[PDB]
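Counting from 1, the numbers follow the sequence of the chain as shown. Ligands are counted one by one from 1 in listed order, and the atoms in each one are counted from 1 as well. This deposition comes from X-ray crystallography, 2.7 Å.
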Amino acid sequence: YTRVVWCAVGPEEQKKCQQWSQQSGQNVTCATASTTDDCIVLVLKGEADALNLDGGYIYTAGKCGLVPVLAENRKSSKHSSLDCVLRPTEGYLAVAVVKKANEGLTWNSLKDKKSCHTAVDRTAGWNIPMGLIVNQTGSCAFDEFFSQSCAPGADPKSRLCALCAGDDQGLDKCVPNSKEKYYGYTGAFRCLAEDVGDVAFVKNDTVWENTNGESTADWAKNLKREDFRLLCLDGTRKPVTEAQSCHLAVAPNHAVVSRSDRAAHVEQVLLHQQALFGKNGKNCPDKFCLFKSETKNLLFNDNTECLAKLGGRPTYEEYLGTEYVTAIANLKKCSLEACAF
Ligand SMILES: *[C@@H]1O[C@H](CO)[C@@H](O[C@@H]2O[C@H](CO)[C@@H](O[C@@H]3O[C@H](CO)[C@@H](O)[C@H](O)[C@@H]3O)[C@H](O)[C@H]2NC(C)=O)[C@H](O)[C@H]1NC(C)=O
Ligand SMILES: *[C@@H]1O[C@H](CO)[C@@H](O[C@@H]2O[C@H](CO)[C@@H](O[C@H]3O[C@H](CO)[C@@H](O)[C@H](O)[C@@H]3O)[C@H](O)[C@H]2NC(C)=O)[C@H](O)[C@H]1NC(C)=O
Ligand SMILES: *[C@@H]1O[C@H](CO)[C@@H](O[C@@H]2O[C@H](CO)[C@@H](O)[C@H](O)[C@H]2NC(C)=O)[C@H](O)[C@H]1NC(C)=O
Ligand SMILES: CS(=O)(=O)Nc1ccc([N+](=O)[O-])cc1Oc1ccccc1
Ligand SMILES: [Fe+3]
Ligand SMILES: [Zn+2]
Ligand SMILES: [Zn+2]
């Protein structure tokens with residue numbers, strides 16, 4: 001039992017983290033970086049212990065020796081009697097969404113359109129969609145497929161950032177952190193919702209969580225589920241109720257990572273931390289809820305029921321799965337063995 005230093009990405013995550021530190025009796029304390037990549041580095045240097053990551057980053061960090069410790073787990077149906085922490089992870093659905101009013105727009109007519117990506121290097125926002133697109137066009141010029149986009153992490157003065165709005169002052173345009181208006185699952189969807197982009201690459205849950213009154217956010221309060229459509233790969237368009245049969249791929253859940261030599265300790269702390277601030281924790285909603293940040297998915301996705309033990313003591317390659325790891329590899333060829341830092 002020593003303190004665990006969590007790594008927060010951006011001003012908003014550091015704010016939520018300090019609260020968490022406050023309530024934990026400093027059993028958990030924070031470190032901050034303007035980028036996920038930066039936070040990965042802090043964890044290598046040993047200046048930070050852990051952070052929750054998207055599959056795409058789990059792959060970057062894995063190459064540098066970091067290891068998955070616990071994964072996020074949401075509501076399910078299968079394995080009913082099984083507890084949340086012991087229940088296997090179901091993965092999530094990567095989808096392409098568009099406005100229903102935008103008739104005629106299909107998977108086959110995306111070229112030269114305007115896109116909304118969660119952030120460069122992420123599973124549903126970048127890797128899956130651009131990987132399919134490169135494949136399909138047999139070209140690495142994915143920087144010229146769309147006319148304009150908002151893909152946080154790309155060159156600020158390039159097309160891939162043309163649609164990004166930066167923060168409330170216009171500062172930090174395209175930064176890969178919640179300070180970018182159109183960053184992440186929620187940002188990318190708002191990007192489509194305000195008709196800045198023609199399509200948004202997010203996960204199916206994002207569409208449900210921000211429509212039909214589920215989100216009290218000004219931009220989403222009058223958003224209606226029937227006004228959106230999913231682009232399937234067979235060229236069709238289906239209601240967002242057919243996600244199970246109209247997705248680009250199923251992605252591995254976001255997971256908490258740490259250096260291998262710190263994984264056991266980080267694991268210990270977090271199980272006890274969610275026992276206090278988890279879904280039905282002792283001090284939630286009473287004092288602090290670890291999985292609530294208000295439709296902003298800070299540190300953890302707001303739809304996380306609990307952090308689950310992995311089991312099978314998976315290497316980062318086995319956690320992400322073999323089909324996904326190859327997808328990432330082939331895409332990386334465009335822009336084999338070596339830590340990127
Ligand atoms: C797409 O995402 C949406 C939401 O992220 C998912 O839909 C949801 O379906 C689940 C389970 O089928 C519902 O969760 C339920 O909780 C209730 C508690 O009252 C419980 O009775 C059930 O056992 C269930 O776990 C949930 O209400 C519903 N979400 C919303 C916001 O309507 C869906 O799983 C995803 N679909 C695909 C194909 O990925
Ligand atoms: C884009 O097209 C890519 C090439 O066709 C494709 O990459 C391939 O990924 C699959 C599955 O991960 C691999 O195919 C393999 O077939 C069976 C089933 O997975 C394996 O047991 C075999 O060993 C074999 O590897 C390919 O290895 C891989 N292609 C290359 C060049 O290595 C991507 O999956 C496609 N991208 C998307 C998003 O679908
Ligand atoms: C801070 O961490 C410590 C270690 O988990 C917690 O103190 C423990 O309290 C439990 C409850 O009975 C005991 O089982 C342990 O023996 C205690 N640890 C020791 C030996 O110091 C404490 O609960 C944590 N505080 C918060 C708010 O998270
Ligand atoms: C068993 S593992 O280490 O968790 N990797 C893995 C996980 C999931 C899937 N899949 O297709 O859903 C596929 C996976 O790997 C392979 C895919 C195609 C052929 C052989 C292995
Ligand atoms: Fe993701
Ligand atoms: Zn599928
Ligand atoms: Zn194994």
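- As PDB records put it, the drug at ligand 4 is nimesulide.
- Most-contacted chain for nimesulide in this structure, per UniProt: Lactotransferrin.
- Residues of chain A near nimesulide cluster mainly in the UniProt domain Transferrin-like 2.
- Organism for chain A, as given in the entry: Bos taurus.
- For nimesulide, the residues with any heavy atom closer than 4.0 Å are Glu318, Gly321, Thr322, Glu323.
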